[PDB]
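Note: structure shows cinaciguat engaged with Alr2278 protein.
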Amino acid sequence: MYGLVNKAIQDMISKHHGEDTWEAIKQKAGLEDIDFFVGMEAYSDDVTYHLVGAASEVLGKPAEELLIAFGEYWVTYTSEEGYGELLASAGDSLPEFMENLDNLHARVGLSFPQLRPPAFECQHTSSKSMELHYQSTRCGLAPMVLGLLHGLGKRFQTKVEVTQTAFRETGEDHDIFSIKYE
Ligand SMILES: O=C(O)CCCCN(CCc1ccccc1OCc1ccc(CCc2ccccc2)cc1)Cc1ccc(C(=O)O)cc1
């Protein structure tokens, strides 16, 4: 993924657990060679996976737990590192934000040609609920989506419940979430 993702992981871990832990996690992933991540440079996804994998081992938490937390961090981090207005441009509510997400990524992609954005499809079951279909070129990031959604709830001062109803790992086509929200 683009380096901003890896920069955000670094930032999250460094801030919550200190530099020495991050330096240890960086070493285990086998990325001691990389002196800093370049935010607008495309990396192999394995770099992200290896950082999550190594942080799971070093912190003694599951990777998925870390994905949830990172998903929550991402929404705040990007608002502060040059993406606040773009985020604002996608709306003042969770359902609106999700409807706008495919277009928000179209904007990013002009800038960044190797972007592999996920596809989202909303189906509004009420004015307080929706089912969300999540489709991706990447495997195992559903837990991050769960965090992202909870990041958005926090951003819009909204109570959000998210449950995954279908997983790519029970054989299903794509991930599907059920969402209820204030
Ligand atoms: O892949 C999967 O399954 C999904 C993994 C989730 C990754 N994630 C989900 C976005 C998202 C989802 C839900 C809610 C809020 C969200 O945040 C909105 C938002 C804000 C800011 C930016 C700046 C991007 C940028 C990238 C590079 C340079 C500058 C700017 C992007 C998006 C974004 C992402 C997608 C593809 C790539 C890539 O392909 O690398 C890298 C990152």
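Since chain A takes its numbers from the PDB entry, the residues it shows come out as 1-182. Header says: X-ray crystallography, 2.3 Å. When reading the values below, keep in mind they use all heavy atoms of this one structure, side chains included, and skip hydrogens, waters and symmetry mates. Just so you know, ligand 1 is whichever comes first in the structure, and atom 1 is the first atom listed for that ligand.
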### Task
For atom 11 (C) of cinaciguat, grab the closest protein heavy atom and report residue, atom and distance to one decimal in Å.
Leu148 CD2, 3.9 Å
#### Entry: Region of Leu149 engaging cinaciguat - heavy atom pairs below 4.0 Å
neither
### Task
Looking only at protein heavy atoms, identify the closest one to atom 30 (C) of cinaciguat and say how far it is in Å.
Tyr83 OH, 3.2 Å
### cinaciguat-proximal atoms of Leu86, by part, heavy-atom distance under 4.0 Å
neither
### Query
What does the PDB entry report as the organism for chain A?
Nostoc sp.
### Query
For cinaciguat, which part of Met144 has a heavy atom less than 4.0 Å away: the side chain, the backbone, both, or neither?
side chain
#### Entry: Proximal cinaciguat atoms for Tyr2, defined as those under 4.0 Å from one of its heavy atoms
26 (C), 27 (C), 40 (O)
### Message
Show the atoms of cinaciguat that are less than 4.0 angstrom away from any heavy atom in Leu87.
### Response
20 (C)
### Message
Can you check which residues touch cinaciguat if I set the heavy-atom cut-off to 4.0 Å?
### Response
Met1, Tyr2, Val5, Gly39, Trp74, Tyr83, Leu87, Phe97, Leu101, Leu104, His105, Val108, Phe112, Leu115, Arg116, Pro118, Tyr134, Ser136, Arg138, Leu141, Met144, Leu148, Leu152
